[PDB]
Number of protein chains: 2
Amino acid sequence: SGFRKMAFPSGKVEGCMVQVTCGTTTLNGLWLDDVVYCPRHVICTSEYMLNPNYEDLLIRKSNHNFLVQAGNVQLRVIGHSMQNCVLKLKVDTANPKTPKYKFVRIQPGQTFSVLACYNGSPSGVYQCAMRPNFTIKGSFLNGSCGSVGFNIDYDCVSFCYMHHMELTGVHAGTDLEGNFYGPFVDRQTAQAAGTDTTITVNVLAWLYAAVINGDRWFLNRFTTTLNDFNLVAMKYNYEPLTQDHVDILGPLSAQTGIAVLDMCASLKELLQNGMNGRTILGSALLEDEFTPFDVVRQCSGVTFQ
Amino acid sequence: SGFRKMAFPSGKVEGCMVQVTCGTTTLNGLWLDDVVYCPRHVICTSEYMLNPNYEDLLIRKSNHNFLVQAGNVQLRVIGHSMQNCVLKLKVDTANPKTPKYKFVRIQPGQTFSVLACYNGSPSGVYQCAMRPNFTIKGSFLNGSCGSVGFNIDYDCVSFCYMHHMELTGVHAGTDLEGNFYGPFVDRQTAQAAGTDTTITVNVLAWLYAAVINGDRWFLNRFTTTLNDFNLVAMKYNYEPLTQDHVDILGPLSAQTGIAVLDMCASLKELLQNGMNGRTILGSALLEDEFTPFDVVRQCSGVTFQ
Ligand SMILES: *[C@H](O)[C@H](C[C@@H]1CCNC1=O)NC(=O)[C@H](CC(C)C)NC(=O)OCc1ccccc1
Ligand SMILES: *[C@H](O)[C@H](C[C@@H]1CCNC1=O)NC(=O)[C@H](CC(C)C)NC(=O)OCc1ccccc1
């Protein structure tokens, strides 16, 4: 038993990280087969980040302007191209440690692991969610650009995120085809994230994890309707709940014998009375960064090969 | 910027995990050079866990009673021995993926990463601390025994923990020489953890991380003395603060220009007035599982090779 913010093992991703230098700008790249992927703003200078014209910047470059380092080994760039906001650098050596992979675009509310890197070198791994406003609350310093986010599916690494920029305390990036999550652009202008909301289905999955681990004090005998719940959730900035969410929570209600709409009644009380100084799973706030699948995986124990 | 419960990249450890089967009991083992390390209770039967005599159990076994699997490869056990509470299984193949390693015993208050495994297969990575009562608050299901805890030092993996048992919601284990943390034994008897306390030096390091990231509301102009602080800390079950702790916090006070004893005055107020419904770094409780070194690493950005 127990419950922890758990990330995926990062070994399969660590073997794909490289250092990409262009000029005096160094960041991380992702090396799969003979392509290195990295943020396109590696080709900006400190006198361009205000309003770059990336097509102009790229035509003025040749392959030898791109220093790609894998450990102490140098990779020769033999071709480059731009795909939306990422650069694809073709190199002469296919990465022998290339795992089975796919590129997927995730939805708000889903979680993934981030392998934070500096100078091509893995520094740390942590779990986070894509927020409803298409930012993540990460931990990134200068030089972390190009760090990637990923899930693991049995044996396949699904790459879903590449890091590009910090806004005001939060973090924004692209999928691996180079398309931004959210209405952001990769230039330094005054852009801000929209209003964040609480991911309701995730809070309910976490209350089920609590019940599974012995925390029961917030339960009650009431029920509510989907519609009566969503009227209260709206007032507290919670995402509305759909019949799809109920079905997804099905495995957890079956395991605890507590109906989804029963649990919504407890959440309604917590939202109106507060925690009153008690904690749930070691937290004094309602946690919304575990999906129903995260709870199942951790409270049942799925491995990976 | 940002602040996350961050674990070490697990790649170097994933290559050392194996499945160890003896009878109908399967758990994980650690494979370094030609030795596999695992909990000695793999040689217990379901009719022995009450009060085993491990020396008797071990003499009744031969090498071929031990099935060691590395992926889909079988390792031949050519010798075994007992070292306190762990089994050392000598095998015919040295692990080619053996990293540079040391075995270290950590102290209460220090943190490490746990690679939770099932059937020799890595499932997840998370960070935790060794509590003052020598338990950890982990997340472990049946079959997780043999999972290891580790720090990474530049290029060397320091192994500090092997998992053995769950008590009442918390988790207990040994160092890699087989000696338990705390006064626990590896049998099923009624043993309980002593009283846990809050790791004061870690709470202060986390308040500094908050200041570094813009959270300043709890600061004040007061100072206190080491002695006046420890009188309040005692009442709230906080570990007493020593002059060694002050010095360790030195790098963080220098970076924020806030003296250690100034910050103790703010902590004293938080302990006496409470949070009053505000949060610090996204938490409504005082967090004690980041060491001063964890804060420096994350708020400055140390990598590993
Ligand atoms: C690449 O490592 C870096 C990521 C930042 C550095 C600090 N933390 C991060 O996540 N990227 C940039 O520096 C990026 C460059 C292009 C978008 C031109 N810009 C960026 O993040 O700075 C804009 C900003 C605005 C307001 C607050 C903080 C940053
Ligand atoms: C090995 O994977 C397993 C670890 C437990 C299983 C559930 N979560 C864990 O961390 N080890 C055991 O089953 C262990 C066997 C030897 C110590 C004989 N015993 C154990 O943890 O059960 C004792 C216990 C007492 C009270 C509550 C829970 C467990």
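Just so we're on the same page: letters track the sequence lines, and every chain starts at 1. Looks like X-ray crystallography, 2.2 Å, at least that's what the header says. When a ligand or atom number is given, it counts from 1 through the structure's own listing order.
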Student: At ligand 1 in this PDB structure, which drug or drug candidate is present?
Tutor: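 It's GC376 (bound form).
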Student: Give the name from the PDB entry for the chain that makes the most contacts with GC376 (bound form, ligand 1).
Tutor: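 Most heavy-atom pairs under 4.5 Å are with 3C-like proteinase nsp5.
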Student: At a 4.0 Å heavy-atom threshold, what other chains are in contact with GC376 (bound form, ligand 1)?
Tutor: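 Heavy-atom contacts under 4.0 Å involve A.
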Student: Does the N or O separation between A:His163 and GC376 (bound form, ligand 1) drop below 3.5 Å for any pair?
Tutor: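 Yes; the residue has a nitrogen or oxygen that sits under 3.5 Å from a nitrogen or oxygen of the ligand.
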Student: Give the residue and atom sharing a covalent bond with GC376 (bound form, ligand 1), or say none.
Tutor: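 The covalent attachment is at A:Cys145 SG.
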Student: Below 3.5 Å, N or O to N or O, backbone or side chain included: is there any such pair between A:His164 and GC376 (bound form, ligand 1)?
Tutor: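 Looking only at distances, the answer is yes, because the N/O contact criterion of under 3.5 Å is met.
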Student: May I ask you to check whether A:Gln188 has an N/O atom sitting below 3.5 Å from an N/O atom of GC376 (bound form, ligand 1)?
Tutor: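 N/O-N/O distance under 3.5 Å: no.
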Student: Report yes if A:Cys145 has an N/O atom closer than 3.5 Å to an N/O atom of GC376 (bound form, ligand 1); otherwise report no.
Tutor: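 Yes - when backbone and side-chain N and O of A:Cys145 are compared with those of GC376 (bound form, ligand 1), one distance drops under 3.5 Å.
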Student: Return yes when A:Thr168 approaches GC376 (bound form, ligand 1) closer than 4.0 angstrom through a heavy atom, no otherwise.
Tutor: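 Under 4.0 Å: no for A:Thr168.
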Student: Quick one: which UniProt active-site residue in chain A is closest to GC376 (bound form, ligand 1), and how far is it by heavy atoms, to 1 Å?
Tutor: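 UniProt active site, heavy atoms, to 1 Å: A:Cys145, 2 Å.
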Student: Can you check which of A:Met165, A:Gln191, A:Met49 brings a heavy atom nearest to atom 20 (C) of GC376 (bound form, ligand 1)?
Tutor: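 Residue with the shortest heavy-atom distance to the ligand atom: A:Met165.
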Student: Does atom 13 (O) of GC376 (bound form, ligand 1) have a protein non-hydrogen atom under 4.0 Å from it?
Tutor: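 No, there is no protein heavy atom closer to it than 4.0 Å.
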Student: For A:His41, which part has a heavy atom under 4.0 Å from GC376 (bound form, ligand 1): side chain, backbone, both, or neither?
Tutor: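 Contact part for A:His41 vs GC376 (bound form, ligand 1): side chain (C-beta onward).
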Student: Indicate yes or no: does an N/O atom of A:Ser144 lie under 3.5 Å from an N/O atom of GC376 (bound form, ligand 1)?
Tutor: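 Min N/O separation from GC376 (bound form, ligand 1) is below 3.5 Å for A:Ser144.
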Student: Hey, quick one: which UniProt domain of chain A is doing most of the touching with GC376 (bound form, ligand 1)?
Tutor: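 Most of them lie in the UniProt domain Peptidase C30.
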Student: Within the 4.0 Å heavy-atom shell around A:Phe140, which atoms of GC376 (bound form, ligand 1) are there?
Tutor: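 In order of numbering, the contacting atoms are 8 (N), 10 (O).
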Student: Does at least one non-hydrogen atom of A:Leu167 fall below 4.0 angstrom from an atom of GC376 (bound form, ligand 1)?
Tutor: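 A:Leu167 counts as a contact of GC376 (bound form, ligand 1) under the 4.0 Å cut-off.
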Student: Which residues, given by chain and number, touch GC376 (bound form, ligand 1) within 4.0 Å on a heavy-atom basis?
Tutor: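 The binding site of GC376 (bound form, ligand 1) (heavy atoms) is A:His41, A:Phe140, A:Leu141, A:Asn142, A:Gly143, A:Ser144, A:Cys145, A:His163, A:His164, A:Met165, A:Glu166, A:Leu167, A:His171.
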Student: Using a 3.5 Å cut-off on N/O to N/O, what pairs does GC376 (bound form, ligand 1) make with the protein? A line per pair would be great.
Tutor:
unit_1, atom_1, unit_2, atom_2, d
GC376 (bound form, ligand 1), 2 (O), A:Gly143, N, 3.2
GC376 (bound form, ligand 1), 2 (O), A:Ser144, N, 3.0
GC376 (bound form, ligand 1), 2 (O), A:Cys145, N, 2.7
GC376 (bound form, ligand 1), 8 (N), A:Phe140, O, 3.4
GC376 (bound form, ligand 1), 8 (N), A:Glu166, OE1, 3.1
GC376 (bound form, ligand 1), 10 (O), A:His163, NE2, 2.6
GC376 (bound form, ligand 1), 11 (N), A:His164, O, 3.2
GC376 (bound form, ligand 1), 21 (O), A:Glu166, N, 2.9
GC376 (bound form, ligand 1), 21 (O), A:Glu166, O, 3.4

